[PDB]
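Heading - rucaparib complexed with tankyrase-2
The chain is numbered in sequence order, starting from 1. Method on record in the header is X-ray crystallography, 2.2 Å. We count ligands from 1, going down the list as the structure has it; atoms in each ligand are counted the same way. Hydrogens, waters and symmetry mates play no part in the numbers below; they use all other heavy atoms, side chains included.
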Amino acid sequence: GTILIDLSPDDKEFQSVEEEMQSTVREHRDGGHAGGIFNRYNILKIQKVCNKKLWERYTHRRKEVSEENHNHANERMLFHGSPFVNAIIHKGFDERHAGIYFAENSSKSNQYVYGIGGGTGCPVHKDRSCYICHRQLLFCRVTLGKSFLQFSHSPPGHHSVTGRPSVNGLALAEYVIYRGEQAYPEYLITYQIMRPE
Ligand SMILES: CNCc1ccc(-c2[nH]c3cc(F)cc4c3c2CCNC4=O)cc1
Ligand SMILES: [Zn+2]
């Protein structure tokens with residue numbers, strides 16, 4: 001079902017997606033332990049993810065949410081890092097793998113590409129701060145609907161949870177959904193973290 005369409009660096013769609021990647025990098029409280037030490041990425045490839053069934057599933061649910069929330073899907077574009085990115089682009093998101101988490105900060109999602117807290121890092125060097133091995137992240141279209149505000153299935157009468165960072169100073173929000181149909185994996189981004197100079 002799924003085809004991946006390569007986007008050219010000269011395409012405005014490539015450029016807008018890359019800019020969201022780069023401009024949402026932040027410093028983390030672990031000093032780079034989980035995701036590595038970097039201020040920007042080397043973008044190697046951006047692919048548009050096209051799948052008819054997963055898209056129709058996304059839009060059907062989006063309409064339901066919208067009608068339960070004064071015609072407002074509250075749709076966002078958010079990052080998702082996972083060792084299971086290949087399964088996600090072909091089979092879509094699945095809540096049973098308790099919710100499904102998404103980040104406004106690309107560098108937050110980058111912490112989860114090799115597993116929880118970075119796991120043991122890249123397969124070949126076992127380095128969580130590897131500047132060599134290629135990483136992959138999803139930039140996803142996400143339906144939040146009526147989102148339950150959390151100061152840091154979904155709560156009754158809500159479609160999602162918003163984790164508003166209270167303690168952290170420069171952190172952006174993180175979101176949780178409980179229905180896999182409320183997220184569509186729209187862009188597959190292949191990159192390296194870049195060593196600072
Ligand atoms: C549920 N098992 C523990 C657990 C493991 C990972 C995550 C988690 N929190 C996130 C916040 C965020 F902004 C983005 C992500 C995550 C994840 C893992 C899923 N991917 C994310 O990018 C949450 C809970
Ligand atoms: Zn490596």
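All instances of rucaparib together account for ligand 1.
At a 3.5 angstrom cut-off on N or O pairs, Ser109 counts as close to rucaparib. Taking a cut-off of under 4.0 Å to the non-hydrogen atoms of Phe102, the atoms of rucaparib that pass are 12 (C), 13 (F), 14 (C). Listed by atom number, the atoms of rucaparib under 4.0 Å from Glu174 heavy atoms are 11 (C), 13 (F). Of all the heavy atoms of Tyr175, none lies under 4.0 Å from any atom of rucaparib, so neither backbone nor side chain is involved. Lab note: most residues of chain A in contact with rucaparib fall in UniProt domain PARP catalytic. Of the N or O atoms in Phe79, none lie within a sub-3.5 Å distance of an N or O in rucaparib.
Using a 4.0 angstrom heavy-atom cutoff, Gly81 counts as in contact with rucaparib. Nearest protein neighbour of atom 1 (C) of rucaparib, counting heavy atoms only, is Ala98 N, 4.2 Å. Considering only non-hydrogen protein atoms, atom 6 (C) of rucaparib sits nearest to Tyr112 CE2, 3.4 Å. Among all protein heavy atoms, the one lying closest to atom 4 (C) of rucaparib is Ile116 CD1, 4.8 Å. In terms of protein heavy-atom proximity, atom 10 (C) of rucaparib is closest to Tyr101 CB, 3.3 Å. Nearest protein neighbour of atom 13 (F) of rucaparib, counting heavy atoms only, is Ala103 CB, 3.0 Å. The nearest protein atom to atom 19 (C) of rucaparib, hydrogens excluded, is given as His80 CE1, 3.6 Å; this is a heavy-atom distance. The PDB entry names the source organism for chain A as Homo sapiens. Near rucaparib, within 4.0 Å on a heavy-atom basis, the structure shows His80, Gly81, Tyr101, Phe102, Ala103, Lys108, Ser109, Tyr112, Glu174.
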